[PDB]
Engineer: 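One structure, pasted below without further comment.
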Number of protein chains: 2
Amino acid sequence: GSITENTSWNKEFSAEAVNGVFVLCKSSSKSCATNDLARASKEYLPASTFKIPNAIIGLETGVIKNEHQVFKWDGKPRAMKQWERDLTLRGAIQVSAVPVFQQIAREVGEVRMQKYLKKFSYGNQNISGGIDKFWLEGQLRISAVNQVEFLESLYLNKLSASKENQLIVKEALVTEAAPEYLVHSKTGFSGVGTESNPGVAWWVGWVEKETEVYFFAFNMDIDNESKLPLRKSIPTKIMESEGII
Amino acid sequence: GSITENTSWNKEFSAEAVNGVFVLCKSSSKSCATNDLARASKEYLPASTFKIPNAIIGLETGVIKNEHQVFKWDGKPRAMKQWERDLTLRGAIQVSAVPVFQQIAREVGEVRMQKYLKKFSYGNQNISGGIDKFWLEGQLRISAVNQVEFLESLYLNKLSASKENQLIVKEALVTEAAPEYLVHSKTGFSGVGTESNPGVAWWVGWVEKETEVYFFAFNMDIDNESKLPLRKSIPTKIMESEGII
Ligand SMILES: *C(=O)[C@@H]([C@@H]1NC(C(=O)O)=C(S[C@@H]2CN[C@H](C(=O)Nc3cccc(C(=O)O)c3)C2)[C@@H]1C)[C@@H](C)O
Ligand SMILES: *C(=O)[C@@H]([C@@H]1NC(C(=O)O)=C(S[C@@H]2CN[C@H](C(=O)Nc3cccc(C(=O)O)c3)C2)[C@@H]1C)[C@@H](C)O
Ligand SMILES: [Mg+2]
Ligand SMILES: [Mg+2]
């Protein structure tokens, strides 16, 4: 579609010394607005946002048997305590349980993963770097505009996957529910990288408000975990100034 | 499935002077508890809770084309200024827009409405009283045990309808979302009736918490719109009592 720059939105980045981009699209990706035309199409490691395509692929290949599959913890150390338990698919997405999705990816395997990222037009579609880590430290990259396009297809059930499996993943992604206000969303954080090679933090999703829908994707450069609150506050301020929130 | 009476729950009922029942079922043990086995099996006007089967039937028959159908307000006054606006299916359910569901019912028509309520085993299956009003002043009746059976089937996608259509109605029914706590629910209120033959107020739905699922159905006698808040107050206090929050 078309991407239109709104430089007034940089106010929210400038204040916090943040280098990043917000892409926000009403109704469709036919017309999106952004603070940074160039960065809106610049591609970055997806980190935990990749759990969305991975969940769809796991269901499509039958690796995830169905919506009520329980991912059992084997009792062995996992890198975060909140992952050391049995999880549903929703649970695994919402607590961002990487080892659940690593095992999903291993079972999907390289051939099938490559096939579905091509079907989904997902970023640079580059899965090299290890089947269980390409989206964590490999060569996979996707832009904020491309995240919006992917999530719009998911919203419309237009990905090349069953409608059932798109609906399953959508319910797992609900993060805020009010009578006329529904948010689907997913956070991501690649890590702190370095000073000269920063990590990336993401917030992607969509807002359904009355009869209208808004697709959004935010990323920022980050080299310190203490800046992570900005990954939600900057795009929240912008959507509020648009009267969305 | 089993059911057991827990007299202790009459606590929250006597306190605020209410005649009603709570049924709470843990999916993994296939075990339910209720304060009153007799009233758990008594059958009542479903009122707004019928919007759950009505929505599914509307989708199954194609009266509702799909999840992105907008129900346009025709500018004719409605009993609630909340309903005087375009609505998505989720919005119609969450705001409980009777006029939208009366029209759905009319388009489904008696023969098809009768068919699905039999397939769904929905209460006494008697839709006599007018195709657009059987569930609110007609003869249709359903018990709290029948509600949790029906909702358990919906959760499991085991109703005799498309998986897709069940998934659509399920997301429409989400009312609270946290990373490991997801609530689907629907309220109902038939009116004040008489103080001879009161009306009924419902709360039904289910809670997904970690990997457990709890199905619940509440109803109570109500003569005074005044006491509508206790429908949610009493089951919440019971569920809180059971560690479900
Ligand atoms: C996926 O990308 C990755 C996880 N994503 C993120 C993320 O926040 O996007 C984390 S952060 C990690 C999990 N919870 C801890 C935390 O500090 N969260 C935090 C701190 C301050 C603000 C916020 C917020 O407002 O969102 C969150 C540390 C994690 C790397 C994989 C591993 O799941
Ligand atoms: C459906 O049965 C019927 C509506 N159901 C409800 C209901 O509350 O179950 C009503 S009540 C009507 C709408 N909003 C007003 C109200 O007072 N709501 C209220 C009051 C106290 C507590 C709560 C709560 O915690 O949810 C809500 C009056 C309406 C009869 C219609 C949609 O078909
Ligand atoms: Mg990650
Ligand atoms: Mg650093």
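For reference, chains are lettered A, B, ... following the sequence lines as listed. The numbers used for chain A are those of the PDB entry, and the residues that appear cover 20-264, in sequence. What you see of chain B is 20-264, where the numbers are those given in the PDB entry. Only heavy atoms go into these numbers, but all of them, side chains included; no hydrogens, no water, no symmetry mates. Note that ligands are numbered from 1 as they come in the structure, with each ligand's atoms numbered from 1 the same way. The header says X-ray crystallography, 1.9 Å.
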Engineer: What drug do the PDB records list at ligand 1?
Structural biologist: ertapenem (bound form)
Engineer: Which chain is the largest contributor of contacts with ertapenem (bound form, ligand 1) here, and what is it called in the PDB entry?
Structural biologist: Beta-lactamase
Engineer: What other chains come closer than 4.0 Å to ertapenem (bound form, ligand 1) by at least one heavy atom?
Structural biologist: A
Engineer: Using a 4.0 Å heavy-atom cut-off, say whether A:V117 meets ertapenem (bound form, ligand 1) through its side chain, its backbone, both or neither.
Structural biologist: side chain
Engineer: Students should be able to answer this: which protein heavy-atom is nearest to atom 28 (C) of ertapenem (bound form, ligand 1), and at what distance?
Structural biologist: A:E244 OE2, 4.0 Å
Engineer: Show which atoms of ertapenem (bound form, ligand 1) fall inside a sub-4.0 Å distance from at least one heavy-atom site of A:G207.
Structural biologist: 2 (O), 7 (C), 9 (O)
Engineer: Measuring from ertapenem (bound form, ligand 1), which other ligands or ions can be reached in less than 4.0 Å?
Structural biologist: ligand 3 (magnesium ion)
Engineer: What residue and atom, counting heavy atoms only, is the protein's closest point to atom 9 (O) of ertapenem (bound form, ligand 1), and at what distance?
Structural biologist: A:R250 NH1, 2.7 Å
Engineer: Is atom 15 (C) of ertapenem (bound form, ligand 1) touching the protein, meaning some protein heavy atom lies under 4.0 Å away?
Structural biologist: no
Engineer: Which species is recorded as the source of chain A in this PDB entry?
Structural biologist: Escherichia coli
Engineer: Does the deposited structure record a covalent bond between ertapenem (bound form, ligand 1) and a chain, and if so to which residue and atom?
Structural biologist: A:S67 OG
Engineer: How far is atom 6 (C) of ertapenem (bound form, ligand 1) from the closest protein heavy atom, and which atom is that?
Structural biologist: A:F208 CB, 3.4 Å
Engineer: In this structure, which residues build the binding site of ertapenem (bound form, ligand 1) when a heavy-atom cut-off of 4.0 Å is applied?
Structural biologist: A:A66, A:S67, A:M99, A:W102, A:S115, A:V117, A:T206, A:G207, A:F208, A:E244, A:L247, A:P248, A:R250, A:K251
